Structure formats: C-alpha cells, structure tokens
Amino acid sequence: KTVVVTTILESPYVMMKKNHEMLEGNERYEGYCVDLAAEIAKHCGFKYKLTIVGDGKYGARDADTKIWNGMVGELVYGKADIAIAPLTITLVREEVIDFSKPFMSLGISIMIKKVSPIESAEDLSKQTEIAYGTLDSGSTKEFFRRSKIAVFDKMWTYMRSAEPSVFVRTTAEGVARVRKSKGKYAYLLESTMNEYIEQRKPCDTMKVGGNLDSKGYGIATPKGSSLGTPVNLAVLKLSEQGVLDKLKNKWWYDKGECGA
Amino acid sequence: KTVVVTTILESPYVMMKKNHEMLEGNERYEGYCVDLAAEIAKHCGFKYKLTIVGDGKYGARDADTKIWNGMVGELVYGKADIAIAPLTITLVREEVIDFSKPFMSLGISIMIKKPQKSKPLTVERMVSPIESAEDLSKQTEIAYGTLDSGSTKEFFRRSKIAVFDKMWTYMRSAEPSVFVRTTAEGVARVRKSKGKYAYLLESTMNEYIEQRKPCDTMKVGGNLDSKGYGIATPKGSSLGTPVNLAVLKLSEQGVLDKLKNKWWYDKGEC
Amino acid sequence: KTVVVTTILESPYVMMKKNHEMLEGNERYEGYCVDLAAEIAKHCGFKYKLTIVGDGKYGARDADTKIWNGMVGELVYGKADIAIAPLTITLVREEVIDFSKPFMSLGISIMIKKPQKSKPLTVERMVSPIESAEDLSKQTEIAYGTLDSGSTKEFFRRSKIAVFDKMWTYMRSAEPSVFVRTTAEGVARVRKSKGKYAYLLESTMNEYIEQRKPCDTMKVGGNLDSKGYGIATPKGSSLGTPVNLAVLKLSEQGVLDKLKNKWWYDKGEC
Amino acid sequence: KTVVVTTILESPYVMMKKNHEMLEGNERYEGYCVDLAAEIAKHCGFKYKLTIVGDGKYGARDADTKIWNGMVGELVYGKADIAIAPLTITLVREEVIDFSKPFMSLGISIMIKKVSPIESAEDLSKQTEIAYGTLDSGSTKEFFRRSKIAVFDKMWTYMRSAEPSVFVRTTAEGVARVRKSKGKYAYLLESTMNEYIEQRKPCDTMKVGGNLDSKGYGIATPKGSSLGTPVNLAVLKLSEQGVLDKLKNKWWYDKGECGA
Ligand SMILES: NS(=O)(=O)c1cc2c(cc1Cl)N[C@H]([C@H]1C[C@H]3C=C[C@@H]1C3)NS2(=O)=O
Ligand SMILES: NS(=O)(=O)c1cc2c(cc1Cl)N[C@H]([C@H]1C[C@H]3C=C[C@@H]1C3)NS2(=O)=O
Ligand SMILES: NS(=O)(=O)c1cc2c(cc1Cl)N[C@H]([C@H]1C[C@H]3C=C[C@@H]1C3)NS2(=O)=O
Ligand SMILES: NS(=O)(=O)c1cc2c(cc1Cl)N[C@H]([C@H]1C[C@H]3C=C[C@@H]1C3)NS2(=O)=O
Ligand SMILES: N[C@@H](CCC(=O)O)C(=O)O
Ligand SMILES: N[C@@H](CCC(=O)O)C(=O)O
Ligand SMILES: N[C@@H](CCC(=O)O)C(=O)O
Ligand SMILES: N[C@@H](CCC(=O)O)C(=O)O
C-alpha cells in the first residue's frame, strides 16, 4: 500500500530538481524533506509517493467556516496519509492532527535589506517608518493573532489594519518584496528560512535581532493513525544518529553560495 | 485523587528554599520545575505533591538485568504519576514511557575552568586549550567525563560518530573514573582539578553555572547535538494529552520564555 | 442619561481619524483625550457623547461684558457636563468651574524655527538666537506671540514679573498682531516666518510638534511656570468627586504615563 | 481663633531654628513650609500656630485597624485644622481628607552613593547585589505595595521579604544608610528631597535615572471643612504670582552649598 505524502514546495525542504520535465515519480524531487521522507520510509519499511499540496498553504482555518486548508486540510480529510514538510507544531493544529517530535528547532525572526536601526522587535513596532508583515494563512500570522503580549498585540493590530495588504501569498513573494522595497519593508518568517535565504545569492538580505519565540517542525499524521508511533520513533532514531544534523548541514551550509 | 510528581534536585529547576527546615509541602522547593508544575496544574486542574527520587538519578536501563532506575524507572513501575523535571527525550526512554513536546531546548556542551586573561598593546584576550570536541578527543592532558545514569552517557555509549566513539572509548577505560554521581559534583571536580578536567553536561545547566558566582567555568564550542526536555508520563496513562496540550499552551502564551529568562538570566551574578 | 463631553480639536489630544467621513459617534476621534474619556467612563459607569466647541476656544473673559466663552464658558451655562480636554487650571477659571487634580504637567515654553547646523574640527554645533525669555524680551528683531483666548495670554496680562510685564506690553502694542487663533496657526507662522517669529505655547504641545516631521521647530529655554491640565466640571455638580477619584486612580495605576508615552513618544519620528 | 497647623521636620520644608532655645512661637521655625503657611495666612487672614506632628510619620493605615497615624491622623481626628507640609496626594488619603491643588511636583527617585551601573529602575529590579528600600509609613511604600506593574511588583516583593529591615524610620536615617553603605545600598525617596540632598554638602549622593511616577504635595484639610476652598484659591494665586517658584528657588538653589 503506497503511502501518500503531502508536502509543499519550500526551499531547501522540497525542490523540483533542475530537469524535472524528463523525470517521473519521487525522483523528480530533492531536498531536506525528500531525504527525511526517504529515511522515514527506510526505517518504517513502506513504499511512498510524494505529492504536492494543491494550494501553497501550510494550514489554517478560514473565516468562521471551520475548514482546514493546505497540508493540514489534506491530512484531516483523509486526502493524505502523512506530511513530511516544514509544518510548525501549534496548539490549534495539534488538537486535530498527530505531530511527532520536532526534527528542527526554529523561531520567528526579522529579516531586512542589507548597525540596523530596528534590531529588536520592540523598535520595529515602535517605528512606523518601516512596514512589516507575515505569510498569509501560515503559522506566524496565527501566532500574532492570538498573542497576548502587548508588543505582539500592537504588531498584529497594525498589521491587520494596513493598506495595502502587508501579507504575502508565498515566502518567495515576501523575500522579493523585502529585496525590492529598498529597506522600507521587513519580512517576518521562520529562522531556518531566514538563514537559508541570507546564505544564498545575491546575499542582499540579512537577519536582524533575535528570535521572537521557539517552535519546531514536526511530522504530522491524521488523528488516530497507526503510523504516528513508528514515525515518532524514526524521528527520535534519526535525531540520535545525527542524520538530521547531517541533512541540515548538507542542505543549509554544504553549498553556501554566499560571502561570509 | 492527588497525583505524585517526581523531580530531581537540580538547579535552577528544583532547589531547597532558605527557610525550608520548617515549611511543609510544595512550598519547600523553588525553581523552574516547581512553577512549571504549578502552571500545569492551573491549566488542567489537579492536586499535585512534589517528591524527590531517592536514588537521585535521571534514569537508565541496567545492563544484563533490564531494570530501569531513577526517575524513569520509578515512573515505569507506577510509584509516580508525572515527571516534571529536566528529563531528556531519548529513543530508549520513549519505548517505556510517554514524553510530551519539549519545553526547553538543550544540547551536550563542554565545561572547563575559565583560564586567566592573557597579558599581551594592552588588550586582554581569553586563550583556551580546548575549542571543540574533535580537539578535546585528540588531546590527552585533559580528562573529560559525564554524569552517571544520564542521557549524555547513553548518547556517548551508543554513538557511531568517530569522534564520539573515541571519547566513549576513552571514558570507558579511564582510571580514575571520570564519571560523577551528580552535576554539582562534576562542577566541583571541574573547579578543583586546576584546569585538567572537562565536564560534558547539558547546555542549560552549563549556562546557569556560567552566569552565577564564582563564575570560574566557561562553555567552549557549540552543542554536540540538539535535544529537549519533556514531561514524562507513564505509558498508557490519562495524563499524556492534557500535559502535552498544557506544554503547548505555555509555549504559545510566552510563559516558558519568561520563566527561562527569569530563572536563568535575571539572577546574572556575573 | 447620556452626558455630553466637550473637547478641543488639538493634537495629540483629539485628532480626526483618517476614515472619519463615514464613522459616527465617539469612534470618529482618536488621541489622548478620547482614551482619557474612555478610562473615566470605565471608572464610573456612564454614557458620554464627545463634542467639539463651535468657537474652538479654551475659555476667557470678554472685555467690558464679563461673559465667558470657549469650553469654560459653555460649561458654565450648562450646555456641557464635563470638559475632558487640555484645559489649564487657573485662578480665574477655578472661581467659576470645578477643576480636578492635574492629569498632566506643563509650562509656558518658546517655539522657534530650528536653525541650521553651524560649522566652524569638523563638528556640527547648534546655535540659537534665543535661549531664555529674558533675552527674548530684551531683543526686538524676533517677534513673539501667544494664542487668542488662551491661558498663556491671561498669564502674561496679569503678570507682575518685570520680564513678563515687558513681553505683555510688547504684545499689546504689536502691529501686525502676534496673536493666533489656533495652535496649528501659530506653528505655521513659526515655520513660514523663517526665524522671525517665536510662539509662546504649552510645553506638551511644543514637545509633540517638535517630535514629528518635518521637525523644523525647537523648544528653547525652560518653562516659564508650572501648571497642569484638569478635567473641568460645573460648580456644584455630582461628577466632580468621582472624576477626581478617577484621575487619582489612573495616576496610581500609571495609565496616564503609558497614554503619554504612546501618544507623544511612540508616534514620534526624526 | 488660632488655626492649628500640623507639620513635620523635613528639610528644607520645616527646619529647626539655629537659636531656637531662646525663641518661641512660630518664629522658631523656618523653611519652605513655614513661608507657605505665612502666605496662606496672609491671603486668608487668620492667625495660626505651627505645631509639630507627634510622631515623625506623614500618614498611613495600620495593620487592619483602620487608624490613621501622623499628620493625616491629626487631621481626621480633629487634632489639627490644616497641614502645610510635604504631604503627597494619594487616592487613599483623598477619600478621608481634602487636598488642595499641588504646590510642588515630584516623583519617586533612586539615590545612591557617588560608571553608574544601575541606570533605570528596571536594572535595579534585575539586580540582586544592591539593597534598596523606602521610608516606612510614608507614601512611597504604599505606592510600591499597591502597584500592579511587574517591575514594581518585583520591587515590593523583594523589599517586604528582606533581612534585615530595608526600611528607614526617617529620611535622614535613609540618607545616612546610603552614605555609609559604601555604595551597596540604594534609597528610594521623593525627587525634591533627593535634589536638596545632592545639592548640599558633602554632596556624596547622586541621582540616577528618571522619576518613576509623577505626584505632588497638597495642603491637606479635614474633610468637610470651611478652609478648603480659601486655601485652594490661595495656592492657585501663589502659583500664578510666582511665589511658589520664588520659595523653591530660595530654599533649594539660593544657597547652593555644592559644586555643580
Ligand atoms: N540542529 S537541528 O535544528 O537540525 C535539530 C533540532 C532538533 C532535533 C534534531 C536536530 Cl538535528 N531533535 C529534537 C527531538 C529529539 C528528541 C529530543 C527533542 C526532540 C525529541 N527536536 S529538535 O531540538 O527541534
Ligand atoms: N527558549 S527555550 O529553550 O526555554 C524553549 C524551547 C522550546 C519551546 C519553548 C521554549 Cl521557551 N517550545 C517547543 C515546543 C513547541 C512546539 C514546537 C516544538 C515544541 C512543540 N519546544 S522547544 O523548541 O524545545
Ligand atoms: N508625566 S505626565 O505629565 O503625563 C503626569 C503628570 C501628573 C500626573 C501623572 C502624569 Cl503621568 N499626576 C498628578 C496628580 C496625582 C496626584 C498628585 C498631583 C496630581 C494629584 N498630577 S501631574 O503632576 O500633572
Ligand atoms: N516649579 S514648582 O515644583 O515649585 C511648582 C509646581 C506646581 C505649581 C507651582 C510651582 Cl512653583 N502649581 C500647580 C497648580 C497650579 C495650577 C495648575 C496645577 C496646579 C493648579 N501645581 S504644580 O504643577 O505641582
Ligand atoms: N512553516 C510555517 C509557516 C511559515 C511562517 O508562517 O513564517 C507553518 O508551518 O505554518
Ligand atoms: N538531563 C539529563 C541528565 C543530565 C546529563 O546527562 O548531563 C537526562 O535527563 O538524562
Ligand atoms: N491649554 C491652554 C491653551 C493653550 C495656550 O494658551 O497655549 C488653556 O487651557 O487655556
Ligand atoms: N512626602 C511623602 C513621604 C515621603 C516618602 O515616603 O519618601 C508623604 O507625604 O507621605
């Protein structure tokens, strides 16, 4: 029984190689998540087929319709069996899907155009000269929406009532916007993606300040599935064997086409 | 029914209060773990009684007897209901108990005695003889050890990495023994060995010991791996999911970060 | 019963919102005074309707008619129940209305156009032609004026200090008139007079105007006196003591401090 | 009828006369508050007799007995007709006595021994190596006790549970303690007293940071008295005529027995 593996096109997690037109099956995808899925399948011992989520959404709930979209939606509604992808572990997701142990620590970080005047998030909220937003229907926007801290509350209140739409549909759109804004825009995204972008050409983006919080990516399965314990054990074994460290070093720092 | 919580006597997780010779109950202990347990009880309502393991060990499987000891061992046999303590999530422990999501990140680091400032135009520089684990294993004048019945010892024993295997081979055949009974004993050995002893402990304890007086120890290199601390629940128990969601809520509301900052960096003696 | 609150259109106390054409009710206005009114209504439960005086004056006595005008005047005759606005507590006003305890300190300051950074090694220095009220009165090249029907004009009219008396004598016999009908008009005169006009206004508005773009104005010297802003109330009204208690309570909680920091410092630039 | 005036020996508000052994009446007292009382009597037109409060406390409520001590007690219980003294206007006091308009602005300040490693009160709260307390039965301890701010809550919790007693019976004891502590103790007191102390010899104490909050001194009268409105009008007249500024300049900066 082939296991359906939903995932999203995120770099360096999943990429469509370079000559994908002449390739078929899972051989046309490469990245950290592809390697993670291969190791998970090797440990558990199942045949899998990588599938790309129909909409480029990680997963959230719509305007009071209680419907999950993106990867979480495909998991809940039975459209997929497992999600090896950068899915942040959150409160709202955990109640509906089974998350494994985190395979990568991360956090929310500020990235800007290349002594920065903002540095910390407090100064970023205080100064209204520079605009800042998040990814639409992701996890950072939900973190800001439900945040009770005064600084994050001010951040979310400004971001929601902003003209034009300060949010972006895809993280690539966000990095393009912050590159083209001539330093007038700040992008809020995961620390791992921030470091990957800052370690790539043309190296015009830099990460400033610290991490707003601490989160992690987990392998998600439908609630009440038989694969949750095996994939949890496989993630633990991979972490203890250094496989996750090796994969992150390969896909984040082995190439390093940046000047640092 | 009041459940029993087990914890280890580790700072700044659970430390006896100053006036603890006359106090009774959970008010005797202060630290990160006590008010973490308070927050857990506040989220999901239950009555808890803090307890300390008699052996004072974190937990490991004994060879040729397959008997778990320490916090994990006493949690398996049913004399505890929940382990809110700096217990490291491992593969061996996950097959006998249930671990929640990590509430604090950590890693294996190296602790050494802080060298004196180098004299040479008038700038002072810090020169250290060990800067990573590769050169720590490649030398012989400095002994290094871990904590017995801990996660680090099991990690080094079961590691297939070349440098980690070399360090494990060194500490296995070491005379006198480089293993310590308690973290505080390891720090005492580090401060007493005049700079010839390195301690392989967790990064959180290393940073906490660095921040407090007499601050004669330093952390060299990065972490050897990435791990986490989880709240341990007996396998097949009713306190697993509520505790996991409680940890998730405390992470999302910022309680964990504020607790860490007020228990590690607020009391920055040095 | 819904009581009517009067206020003046003075930044940052009350400013029309950007989308104020379609919005109705108290949501039209934003600023320090609307937040103060909300807090006052939260202290003691009552419904309020924000209003703006038609004449747009703070309040003064007319010549030879002994008739009050402005916010104070319309509060005396009973067309308003409470004045939550930057109304300065004075002796003449206290004899006809009731003032609560000051909710913000202030003083009379001098506003001039900011000069250019002077150069002579390669350091830029700030050189100003006026640095006190004494040298402002002694000099004659730069004209100075105040706000019509304001507290500062009454202070200068009834001042027995030699310097203040000289300045008032200059203002009375001034051609063309140095008095402005609105604070914004005075700042516009300062900006467009290219350094030949000095505005004598309240310290809070002076700092607020200095803190925003294009920030071509500067405050010279210190405050000529010390005063405060109070919430006015008609004599013998039931709203006096509850509002005074509310102001004291908001001072104790530090709500006034955070309102000031949010409406004066956070929104500033340059 | 001679109006009884209660006051406390505080410098430079009320000071004992140099040759007071040979003097009697109100001519044996001098200071800012003595001049204030003289101006109030001149404006209202009443004869007064300055009386020193029995216990050197400004006023507070005791441990669950609802009894006012100090000057507020003398006012409430009919033992005094008016209080021209540095009495801080507070919500708890206003409910039992009638304050006039503030005749002097002030705030909580941090005063230490003369690199300045303390800065604002945030660092003072985050630091456990330096001791700091307040005046007992005053208004600063009440402000710290009822404060709902996290920094001030931490300050109060540390101060109450401190061994030995971090509080001082009189402000002079506090300044002596901070002088003799070799920089290990900090004293929290009113900004006016802090400035007066640092401006007088030996000038070994210096102020750091800004004022914690803003308060003021008002002339207190018994509730439901006929003197409240006349003294309020007199205070307003004195403020308008510059008499209060003149007296502050006379008693704070006119001597200036310091090098600054
Ligand atoms: N260095 S890293 O970001 O690639 C990374 C991060 C993490 C890893 C492993 C790696 Cl390699 N494993 C941990 C897991 C292992 C066991 C202990 C904590 C969880 C359960 N999660 S983690 O702390 O999020
Ligand atoms: N900054 S820290 O080490 O005290 C720390 C570390 C971690 C926190 C929260 C804090 Cl405050 N929460 C995460 C949890 C939240 C969700 C995502 C990963 C786990 C499940 N684990 S963590 O990445 O191990
Ligand atoms: N810092 S400020 O100008 O916003 C400011 C100014 C003042 C505040 C509070 C603040 Cl936050 N409260 C005082 C009041 C409190 C009690 C003592 C004096 C009045 C009654 N008035 S004040 O001295 O005019
Ligand atoms: N410069 S000072 O501290 O001596 C000082 C302080 C103050 C003065 C007068 C002086 Cl001289 N008057 C004001 C009062 C006057 C009118 C306006 C506010 C109150 C009512 N209170 S105050 O703002 O506390
Ligand atoms: N990776 C996040 C979204 C990225 C972001 O919000 O910055 C998720 O799983 O939803
Ligand atoms: N925290 C570790 C013990 C400390 C160590 O091994 O350094 C554990 O849970 O096993
Ligand atoms: N705030 C002053 C008016 C402003 C001014 O006179 O500068 C008043 O209440 O009268
Ligand atoms: N002046 C204050 C007391 C001074 C202090 O506590 O520092 C009062 O009236 O209570």
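Lettering of chains follows the sequences in order, A, B, ..., and the numbering in each one begins at 1. In listed order, ligands and their atoms are each counted from 1. The basis for the numbers below is simple: all heavy atoms, side chains too, and nothing from hydrogens, waters or symmetry mates.
- Among the options clozapine, cyclothiazide, enalaprilat, the match for ligand 2 is cyclothiazide.
- Lab note: main contact partner of cyclothiazide (ligand 2) (name per UniProt) = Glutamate receptor 2.
- Other chains, heavy atom under 4.0 Å from cyclothiazide (ligand 2): A, B.
- Measured by non-hydrogen atoms, the distance from cyclothiazide (ligand 2) falls under 4.0 Å for no UniProt L-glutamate-binding residue of chain B.
- Around cyclothiazide (ligand 2), within 4.0 Å by heavy-atom distance, are found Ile89(A), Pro102(A), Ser214(A), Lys215(A), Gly216(A), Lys101(B), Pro102(B), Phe103(B), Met104(B), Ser105(B), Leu248(B), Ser251(B), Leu256(B), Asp257(B), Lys260(B).
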